[PDB]
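Here's the structure, in structure tokens; my notes come after.
One is the number of the first residue; the rest follow in order along the sequence. Atoms within a ligand are numbered from 1 in the order they appear, just like the ligands themselves.
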Amino acid sequence: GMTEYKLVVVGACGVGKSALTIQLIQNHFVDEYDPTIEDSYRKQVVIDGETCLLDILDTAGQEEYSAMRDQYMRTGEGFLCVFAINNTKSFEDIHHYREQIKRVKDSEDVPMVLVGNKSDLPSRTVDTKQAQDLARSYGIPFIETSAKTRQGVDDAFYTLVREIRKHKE
Ligand SMILES: *CCC(=O)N1C[C@H](C)N(c2nc(OC[C@@]34CCCN3C[C@H](F)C4)nc3c(F)c(-c4ccc(F)c5sc(N)c(C#N)c45)c(C(F)(F)F)cc23)C[C@H]1C
Ligand SMILES: Nc1nc2c(ncn2[C@@H]2O[C@H](COP(=O)(O)OP(=O)(O)O)[C@@H](O)[C@H]2O)c(=O)[nH]1
Ligand SMILES: [Mg+2]
């Protein structure tokens with residue numbers, strides 16, 4: 001029947017994982033959202049003329065490496081790797097998130113998009129060119145977003161869907 005895309009949103013505390021997912025799926029911006037609340041979000045969408053189902057895990061809570069957690073992340077088809085453009089530590093953590101994706105999927109060829117969120121803010125601390133260079137070194141797209149204004153948000157998620165489609169060929 002209808003194709004379902006299983007996406008996983010990862011990244012450090014406070015980068016906007018929840019805000020991005022709730023904006024895309026529930027059409028509003030949360031000014032704050034408890035960092036322990038983890039949910040799968042679902043919506044039917046049309047992407048490049050294809051009607052499909054998005055099933056998006058907004059990861060939260062604690063870092064942990066039980067076999068069950070590994071296996072749950074293994075079911076993800078594509079990963080949105082989010083940092084905030086005013087949080088250098090969140091950008092420095094991206095390497096770690098990519099390595100865990102590669103470990104559980106046992107592949108360097110996993111659909112992934114690098115997302116620099118909070119683009120609406122002044123006084124960024126992560127240079128866009130440094131982020132582009134990191135994405136270039138991984139061979140993945142890089143997209144700047146604002147969960148607050150929704151600039152780039154749908155583009156970022158739809159780009160990940162397009163990468164999953166491509167990987168299926
Ligand atoms: C504020 C709470 C929050 O939103 N968090 C995001 C997720 C839930 N957390 C998380 N944290 C880390 O690393 C945190 C940190 C800082 C302390 C030391 N440690 C290492 C680095 F320094 C950064 N890492 C996470 C993950 F790697 C993953 C994850 C991603 C892909 C993957 F295939 C697997 S398999 C598996 N098990 C895990 C785990 N854990 C991953 C995840 C995810 F939810 F599973 F996707 C979360 C990670 C806690 C805080 C930051
Ligand atoms: N200005 C601005 N604030 C944001 C944006 N995305 C998230 N936030 C805020 O940043 C804080 C952390 O966001 P949250 O989604 O909880 O981050 P998470 O821990 O990664 O899930 C919250 O106060 C959000 O309202 C954004 O794009 N712009
Ligand atoms: Mg959250």
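PDB records give the name of the drug at ligand 1 as BBO-8520 (bound form). In the deposited model, most contacts to BBO-8520 (bound form, ligand 1) involve the chain that the PDB entry calls GTPase KRas. Counting heavy atoms within 4.0 Å, the binding site of BBO-8520 (bound form, ligand 1) comprises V10, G11, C13, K17, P35, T59, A60, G61, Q62, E63, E64, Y65, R69, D70, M73, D93, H96, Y97, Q100, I101, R103, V104. Of the N or O atoms in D93, none lie within a sub-3.5 Å distance of an N or O in BBO-8520 (bound form, ligand 1). Each of the atoms 44 (F), 46 (F) of BBO-8520 (bound form, ligand 1) lies under 4.0 Å from some heavy atom of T59. Considering backbone and side-chain atoms together, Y97 places an N or O closer than 3.5 Å to an N or O of BBO-8520 (bound form, ligand 1). Atom numbering of BBO-8520 (bound form, ligand 1) starts at 1 in the shown order; those under 4.0 Å from a heavy atom of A60 are 8 (C). The contact set between BBO-8520 (bound form, ligand 1) and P35, taken as ligand atoms under 4.0 Å from a residue heavy atom, comprises 1 (C), 2 (C). In the vicinity of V10, heavy-atom distances shorter than 4.0 Å reach the BBO-8520 (bound form, ligand 1) atoms 46 (F).
The entry names the source of chain A as Homo sapiens. The covalent attachment site of BBO-8520 (bound form, ligand 1) is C13 SG.
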